[PDB]
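A short worksheet on the structure shown next.
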Amino acid sequence: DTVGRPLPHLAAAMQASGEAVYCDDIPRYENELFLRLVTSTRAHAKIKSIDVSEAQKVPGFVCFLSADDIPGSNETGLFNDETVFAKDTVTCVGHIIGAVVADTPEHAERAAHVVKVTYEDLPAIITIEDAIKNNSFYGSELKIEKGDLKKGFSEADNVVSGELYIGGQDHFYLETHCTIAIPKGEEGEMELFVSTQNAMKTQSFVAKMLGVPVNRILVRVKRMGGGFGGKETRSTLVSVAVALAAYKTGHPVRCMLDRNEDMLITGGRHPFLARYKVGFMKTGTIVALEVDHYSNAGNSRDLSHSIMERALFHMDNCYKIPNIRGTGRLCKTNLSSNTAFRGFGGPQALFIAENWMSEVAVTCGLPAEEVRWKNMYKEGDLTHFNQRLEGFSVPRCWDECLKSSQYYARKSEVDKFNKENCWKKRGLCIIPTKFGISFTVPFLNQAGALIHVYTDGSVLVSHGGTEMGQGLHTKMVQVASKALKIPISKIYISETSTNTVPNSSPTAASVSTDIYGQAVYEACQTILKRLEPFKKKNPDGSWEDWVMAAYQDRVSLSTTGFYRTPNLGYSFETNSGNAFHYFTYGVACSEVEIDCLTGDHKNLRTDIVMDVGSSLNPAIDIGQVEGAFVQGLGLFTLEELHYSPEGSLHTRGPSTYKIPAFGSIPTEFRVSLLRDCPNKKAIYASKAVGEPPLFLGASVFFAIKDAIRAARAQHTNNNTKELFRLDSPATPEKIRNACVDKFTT
Amino acid sequence: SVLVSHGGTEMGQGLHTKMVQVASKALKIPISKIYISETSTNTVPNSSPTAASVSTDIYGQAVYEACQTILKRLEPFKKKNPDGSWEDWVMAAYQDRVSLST
Amino acid sequence: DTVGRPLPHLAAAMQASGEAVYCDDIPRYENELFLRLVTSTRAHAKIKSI
Amino acid sequence: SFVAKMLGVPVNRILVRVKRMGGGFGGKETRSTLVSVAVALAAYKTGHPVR
Amino acid sequence: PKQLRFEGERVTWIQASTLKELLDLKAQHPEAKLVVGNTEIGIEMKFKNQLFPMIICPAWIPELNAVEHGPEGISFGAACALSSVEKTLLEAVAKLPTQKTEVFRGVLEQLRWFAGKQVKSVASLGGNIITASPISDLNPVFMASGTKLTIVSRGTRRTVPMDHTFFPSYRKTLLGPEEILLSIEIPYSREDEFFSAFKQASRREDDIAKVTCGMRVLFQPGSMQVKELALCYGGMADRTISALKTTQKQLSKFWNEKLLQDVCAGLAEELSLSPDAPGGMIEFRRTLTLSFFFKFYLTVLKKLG
Amino acid sequence: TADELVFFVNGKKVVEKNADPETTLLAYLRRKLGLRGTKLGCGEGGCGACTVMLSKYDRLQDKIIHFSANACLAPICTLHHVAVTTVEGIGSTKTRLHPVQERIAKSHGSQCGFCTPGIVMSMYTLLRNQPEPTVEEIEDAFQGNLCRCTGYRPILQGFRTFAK
Amino acid sequence: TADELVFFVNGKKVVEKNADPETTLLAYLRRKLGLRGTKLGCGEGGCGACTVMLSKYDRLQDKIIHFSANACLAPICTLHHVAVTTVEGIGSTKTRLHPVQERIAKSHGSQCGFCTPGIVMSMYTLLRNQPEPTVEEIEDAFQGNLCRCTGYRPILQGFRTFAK
Ligand SMILES: Cc1cc2nc3c(=O)[nH]c(=O)nc-3n(C[C@H](O)[C@H](O)[C@H](O)COP(=O)(O)OP(=O)(O)OC[C@H]3O[C@@H](n4cnc5c(N)ncnc54)[C@H](O)[C@@H]3O)c2cc1C
Ligand SMILES: Nc1nc2c(c(=O)[nH]1)N[C@H]1C(S)=C(S)[C@@H](COP(=O)(O)O)O[C@H]1N2
Ligand SMILES: Nc1nc2c(c(=O)[nH]1)N[C@H]1C(S)=C(S)[C@@H](COP(=O)(O)O)O[C@H]1N2
Ligand SMILES: O=C(O)c1ccccc1O
Ligand code: MOS
Ligand code: MOS
Ligand code: FES
Ligand code: FES
Ligand code: FES
Ligand code: FES
């Protein structure tokens with residue numbers, strides 16, 4: 001039994017040697033061709049025409065693919081509101097108009113480059129502001145409202161309100177999108193190898209564009225060099241285009257996007273615009289909150305809706321608010337469609353919540369930790385959506401984090417520095433977080449598995465989940481190894497495929513270990529049942545023995561497994577009914593030291609305490625905590641996407657978009673998993689850990705704001721309870737410009 | 001659409017054609033909605049060699065049983081909506097999280 | 001129900017057109033190599049060497 | 001089995017796929033492994049797909 | 001080591017094994033492109049869709065790779081890898097007197113938060129200079145210190161100190177159509193001469209709006225009176241510029257609270273940025289220009305005292 | 001009448017009779033030589049997923065020097081007589097892992113694992129130039145290496161055993 | 001200084017600049033042109049699995065004559081200016097089957113189906129030389145075609161519709 005032990009990622013050795021095969025590492029067939037997507041150079045226009053006269057001259061040219069080449073439907077997207085290929089107009093810069101197929105990637109790139117397109121610009125909506133001004137949204141407003149505003153907004157001593165914005169973020173998975181399509185030449189069959197977290201939707205989309213039954217398309221996923229949500233749907237943008245080329249040419253075809261194509265086309269995290277208003281006593285106690293969320297959706301719906309729902313389910317973070325009301329509106333704009341990104345709306349909401357909270361403790365001239373703790377939920381309380389909070393562990397994490405981090409002694413040290421230093425200041429802030437675990441769309445909370453035990457006793461496990469670096473397969477092998485009570489060495493997982501486990505949900509929402517774990521457990525049991533009669537007959541016999549005996553006595557050694565998450569179903573009407581199966585909690589403390597003259601800063605130290613219940617693998621879980629946290633720290637202080645007023649992105653590479661680097665992490669980086677906090681709601685008492693830790697990255701953002709404030713009191717005015725706005729990300733620019741002095745004036 | 005897989009292989013005797021015929025009857029849906037791509041060790045393990053002329057007998061039975069298991073699962077949805085099409089009941093069984101694999 | 005009816009082999013059309021893929025009809029990878037078995041030319045002997 | 005035994009690896013590592021045969025009549029019930037194993041070895045030894 | 005020639009689909013490449021061969025080829029083909037590390041060209045071809053059918057690589061040529069230690073400073077062949085420059089300067093800094101290694105220090109500062117080991121090991125010194133990026137971190141330091149550029153072209157040969165005239169316009173330099181930079185000599189620091197280099201802790205555009213600078217000051221012997229002052233900035237225009245107007249108004253002046261504010265006023269005006277400046281971050285870029293000098297100022301008072 | 005391009009990769013001589021000036025070392029490695037260990041992560045030199053070690057004799061310091069480089073920007077035409085070392089050139093699981101590969105693997109410094117080969121090569125290079133480096137040198141070895149999964153902590157902690 | 005080999009396959013011109021005398025049409029079709037419709041069944045000319053139709057103008061009878069041939073024994077060097085027609089050249093399921101392919105398919109004349117392309121081509125050739133042949137001619141068209149699955153009966157019965 002290896003459950004609860006720090007077993008390293010099963011493929012780590014091969015990834016270190018370069019033997020691990022990723023999609024583009026698969027050898028090309030002697031006749032495999034290459035595709036290069038032809039993208040729009042306008043945000044909103046009319047395709048007057050398309051000339052490939054020059055393209056056709058490039059050596060190795062094969063053909064150009066348009067919407068007319070499509071045999072099936074040119075309608076695609078999670079909500080059938082997109083085009084596999086643009087036909088009359090383009091609704092964003094990186095809109096796919098076509099694709100060139102050539103004998104070499106080079107030839108397809110040069111040729112694609114020379115494809116002349118004629119446009120006729122149209123009115124373009126680019127910002128959230130631009131959208132509202134034109135009443136340009138997808139669907140109708142969302143909202144959760146509990147209690148009654150006025151009665152709290154009156155009862156409240158102080159009342160603060162304002163506008164806040166949080167920028168987007170590119171997934172920047174080291175491995176960009178990529179698909180290999182192989183036409184089998186019979187009955188429309190097509191086998192595809194793709195870097196995606198959603199084999200099912202990839203299967204559907206390819207079949208729908210081809211106009212063939214889903215049972216003809218086989219999608220196989222070995223692994224992904226990172227996904228973080230950016231491959232939950234947007235990966236089909238490339239897949240379908242390559243599938244078409246395979247069909248049209250009858251040749252195996254592939255395509256892996258360059259970094260610049262990737263960031264421009266595939267979309268990313270949803271930028272949020274918020275307008276809030278908080279009512280509170282001078283005790284720092286909240287009694288009335290209001291927030292109007294606005295996200296930039298892009299040129300299609302995709303997951304924007306469900307993302308706004310997770311945001312709304314998180315506008316409370318860890319604080320109990322009597323009278324609360326929050327709304328959400330998806331903005332339709334001429335930008336690439338934004339999609340899922342580790343956090344799925346939660347991060348944006350939790351940030352806004354923490355912003356008005358930080359302002360509460362300020363305007364009240366009270367300690368920050370004092371206020372947050374006053375407004376924190378208690379065991380058995382209910383959220384703004386009415387779900388009972390059972391097993392609330394935030395308090396244990398909070399108290400312990402403060403202890404192990406020596407928060408109070410360090411808070412003193414910080415203040416001293418801020419007195420002995422004039423052009424440098426330090427900040428310190430401890431922040432809690434709770435993340436609702438489960439797809440907000442009821443029917444996705446299902447998982448299946450398939451298990452075979454070969455006559456040599458070796459076991460091959462297969463399940464609907466995919467591997468993107470989070471170590472899902474390692475965990476399932478650990479589960480199976482325990483359930484079957486046999487060494488991990490006898491069990492093996494090769495890949496994820498649509499012909500082994502069908503209609504699977506995308507590997508997402510951090511529930512993969514919970515659901516597939518259960519699905520694999522059940523199948524193991526079914527096997528054990530079958531082998532039972534042989535274990536009895538021969539007790540001293542080895543596992544091998546019983547397996548051979550069960551085979552020789554014609555007992556099936558192959559079975560499925562299935563799991564459906566129990567008791568779920570929230571309603572936006574009646575604002576009742578469980579939305580999650582449980583919650584994951586954590587608390588982080590971070591100290592920084594800014595430079596009031598340059599806007600730059602250091603991440604001195606960071607202490608994290610996460611409640612992952614009884615971890616299946618503590619090494620894997622600490623790694624998730626750390627990496628989630630770093631993407632968070634990235635989102636809040638480093639990563640910034642910038643577009644030209646015409647809606648054309650400028651930051652298309654590591655040179656202009658900075659994700660965290662080795663030297664970006666806090667000098668002192670400690671992570672601890674809460675002890676003795678089993679989760680009865682999930683496999684072996686474990687807890688989803690994939691997304692929950694990412695918000696804690698905000699603890700860096702607010703420490704930074706802590707310091708900026710000390711820098712203001714310094715060389716600026718003398719307003720103790722003043723409130724200055726600082727959006728996200730808190731880049732060197734925003735920090736410096738916030739450090740007002742005899743130079744910024 | 002249905003994808004059938006069994007431990008038998010095709011060598012010209014028309015085994016797959018027969019299994020599609022069996023499945024089509026058992027599930028009571030047109031052959032056109034059913035399909036068999038190939039035989040593989042990761043779909044059906046420890047299979048006997050396709051031989052001794054019993055392939056249609058055994059895999060036929062094996063495919064029949066699996067069809068039944070599917071029918072059982074879909075039953076509750078066939079009742080709720082009697083005039084509904086096969087597609088309808090399948091989507092409903094999926095949306096209500098019922099495994100469609102056996 | 002087509003059981004008991006003379007339904008022609010599901011792949012007969014593709015076998016008549018040459019679209020049905022057999023093992024060697026699968027495309028070779030850019031790096032696929034070839035093997036040729038080396039067989040004995042005697043019915044019973046001793047391999048003094050090779 | 002045969003390919004795994006000659007390679008000395010667990011059976012769960014070998015995936016054998018059969019689309020169809022241009023006739024078998026029994027001559028491919030076992031003797032087919034004569035070629036299979038030989039080609040599997042070549043794949044292993046060279047790390048190249050082999051046929 | 002004989003000359004090599006490679007012919008591809010659209011481009012022809014020549015590996016010159018001698019400076020004579022190089023001067024010939026450059027003369028015979030002015031338009032030709034030199035390539036050492038390609039960490040600039042490779043970008044132009046790939047992302048800027050640029051085609052240069054003629055390419056010459058000098059990395060083999062002795063000279064362009066030679067490192068000399070003269071009584072004025074240390075000279076490096078223009079093809080030398082930045083990691084080389086970094087190495088040779090780390091030694092100097094460790095062995096020589098602090099008063100002699102001022103400028104060197106500044107160059108090592110720019111090479112710190114600079115790319116990574118992979119880039120610095122192939123990116124040639126000459127490469128960075130001639131590319132003439134508006135946001136090059138090195139040119140502002142080479143200009144601020146009037147670094148010596150020994151330029152050449154078959155037959156002719158001249159040496160001159162870098163200045164505002166070396167960068168005529170965007171991406172353009174003061175190099176002959178047939179001329180090639182042979183070597184650079186980073187200047188030893190003189191007594192009463194102090195140097196400083198800073199650079200924005202971020203980058204959001206391809207090659208503009210990223211403040212980077214090199215500052216040098218030379219005082220009269222035994223006094224706090226300015227004899228020379230050089231404030232060269234990058235990321236403030238389509239090229240490396242110098243606040244010449246401002247630093248002039250400070251010659252023979254005394255280094256104090258007054259001069260600080262006078263130079264600041266001078267920068268905020270002379271290096272002014274319109275509301276539609278290409279690159280944005282106007283409020284931030286003005287503040288950095290003033291703020292970097294402030295540090296220079298403070299650091300000088302220390303070095304003076 | 002074209003000169004042959006001759007260089008080495010993992011100790012094996014490679015003769016390219018028709019070298020194309022526009023060919024990057026990365027493409028050559030992956031496509032012509034079939035060594036997919038080296039990855040494409042950005043094509044502009046900032047992530048290091050395409051890192052390798054280049055070795056070349058210097059008619060001066062005598063000794064053959066060793067340095068790392070981004071193969072996505074290295075023209076093969078600049079590599080005549082230069083020896084290349086990729087991740088597959090220092091160890092494997094079919095044989096034996098180089099200590100660097102075994103270390104990062106067991107220290108949980110590899111998650112999705114796409115950035116691993118390059119980081120392994122950056123480290124391998126460091127150790128080649130300095131058997132026992134400082135924690136500072138170790139950290140500087142990865143200036144040009146990016147990882148989106150780990151948070152970096154595990155990687156640095158695993159290579160600490162090589163310091164002092 | 002070698003002459004180019006020029007011929008046609010399914011109506012498309014094929015220029016082979018380095019034809020190798022030892023190259024059989026079968027190998028060329030399957031490997032270079034990627035037309036696996038034609039099969040290898042014996043390599044000695046007796047099974048017909050590799051049958052195709054060759055067409056070549058004759059400076060005499062004027063007209064371009066049409067005859068079948070075993071590609072496993074046809075050197076490509078003997079095909080300069082000769083047009084080749086393979087099974088994929090007369091119809092398909094992605095478009096439309098030639099009557100001959102549709103007929104043998106629906107008459108149960110194809111089982112494992114490996115011998116089908118060749119028999120289809122033998123018949124196609126016959127019809128090309130004689131639109132309405134005798135049952136005797138039809139049967140003689142398959143002297144050099146072997147099938148191990150059907151027993152032949154179904155095949156002949158399906159092509160009877162073309163006689164009289
Ligand atoms: C990831 C990354 C990060 C970087 N970070 C920084 C940074 O922070 N600050 C900074 O300043 N720079 C930075 N650079 C730029 C880098 O320093 C230049 O790209 C590089 O030094 C150019 O040199 P090279 O040898 O690679 O040249 P090449 O690509 O060969 O390009 C050189 C250009 O100069 C010409 N040229 C070359 N040699 C000569 C010679 N001897 N005589 C005359 N003309 C010549 C060429 O014809 C061409 O126009 C970065 C680059 C990358 C890829
Ligand atoms: N190394 C690595 N970790 C990761 C990701 C990834 O792409 N790479 N995806 C994240 C996101 S966005 C989700 S939803 C969960 C994925 O699945 P899990 O459900 O198994 O925990 O993992 C998280 N952790
Ligand atoms: N067309 C064709 N028919 C065939 C064969 C074949 O290879 N091709 N194999 C035979 C042999 S030897 C056996 S044992 C059975 C095979 O399987 P079945 O069990 O499905 O009937 O088919 C018989 N009919
Ligand atoms: O609730 C989620 O987190 C979620 C994530 C991905 C897709 C659908 C979803 O409801
Ligand atoms: O972004 Mo994680 O719901 S895939
Ligand atoms: O010869 Mo049939 O028992 S395979
Ligand atoms: S691919 Fe990113 S540096 Fe080479
Ligand atoms: S492990 Fe995925 S980027 Fe490093
Ligand atoms: S292969 Fe048998 S006749 Fe040609
Ligand atoms: S159908 Fe098999 S030989 Fe004819």
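Here is the naming used below: chain letters follow the sequence lines, and residue numbers restart at 1 for every chain. We count ligands from 1, going down the list as the structure has it; atoms in each ligand are counted the same way. Only a part of the entry is shown; contacts are counted within it. Structure determined by X-ray crystallography, 2.5 Å. Heavy atoms only: backbone and side chains are in, while hydrogens, waters and symmetry mates are out.
- Going by UniProt, the chain with the most contacts to ligand 4 here is Xanthine dehydrogenase/oxidase.
- PDB records give the name of the drug at ligand 4 as salicylic acid.
- By chain letter, those with a heavy atom nearer than 4.0 Å to salicylic acid (ligand 4) are A.
- Set against the non-hydrogen atoms of A:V441, the atoms of salicylic acid (ligand 4) under 4.0 Å away are 10 (O).
- Using a 4.0 Å cut-off between heavy atoms, A:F344 contacts salicylic acid (ligand 4) through its side chain alone, with no backbone atom that close.
- From the protein, the heavy atom lying nearest to atom 8 (C) of salicylic acid (ligand 4) is A:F439 CD2, 3.5 Å.
- Checking the UniProt active-site residues of chain A against salicylic acid (ligand 4), the nearest by heavy atoms (to 1 Å) is A:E691, 5 Å.
- Every atom of salicylic acid (ligand 4) with a heavy atom of A:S438 under 4.0 Å away is listed here by number and element: 1 (O).
- Atoms of salicylic acid (ligand 4) found under 4.0 Å from any heavy atom of A:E232 (numbered from 1 in listed order, with element): 6 (C), 7 (C).
- Other ligands and ions closer than 4.0 Å to salicylic acid (ligand 4), by number and name, are ligand 5 (dioxothiomolybdenum(VI) ion).
- Between salicylic acid (ligand 4) and the UniProt substrate-binding residues of chain A, heavy-atom distances under 4.0 Å are seen for A:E232, A:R310, A:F344, A:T440.
- Checking only distances, A:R310 does come within under 3.5 Å of salicylic acid (ligand 4), N or O to N or O.
- Of the candidates A:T440, A:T507, A:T339, A:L303, it is A:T440 that places a heavy atom closest to atom 10 (O) of salicylic acid (ligand 4).
- When the UniProt Mo-molybdopterin-binding residues of chain A are filtered for a heavy atom under 4.0 Å from salicylic acid (ligand 4), what remains is A:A509.
- Contacts between A:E309 and salicylic acid (ligand 4) below 4.0 angstrom, taking non-hydrogen atoms only, are absent altogether.
- The closest approach between A:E691 and salicylic acid (ligand 4) stays at or above 4.0 Å for every heavy atom of the residue.
- The site surrounding salicylic acid (ligand 4), defined by heavy atoms under 4.0 Å, contains A:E232, A:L303, A:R310, A:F344, A:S438, A:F439, A:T440, A:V441, A:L444, A:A509.
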Extract all N/O-N/O pairs under 3.5 Å that connect salicylic acid (ligand 4) to the protein, and present each with both atom names and the distance rounded to 0.1 Å.
from, atom 1, to, atom 2, distance (Å)
salicylic acid (ligand 4), 1 (O), A:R310, NE, 3.3
salicylic acid (ligand 4), 1 (O), A:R310, NH2, 3.0
salicylic acid (ligand 4), 1 (O), A:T440, N, 2.9
salicylic acid (ligand 4), 1 (O), A:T440, OG1, 3.1
salicylic acid (ligand 4), 3 (O), A:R310, NE, 2.7
salicylic acid (ligand 4), 3 (O), A:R310, NH2, 3.0
salicylic acid (ligand 4), 10 (O), A:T440, N, 3.0
salicylic acid (ligand 4), 10 (O), A:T440, OG1, 2.8

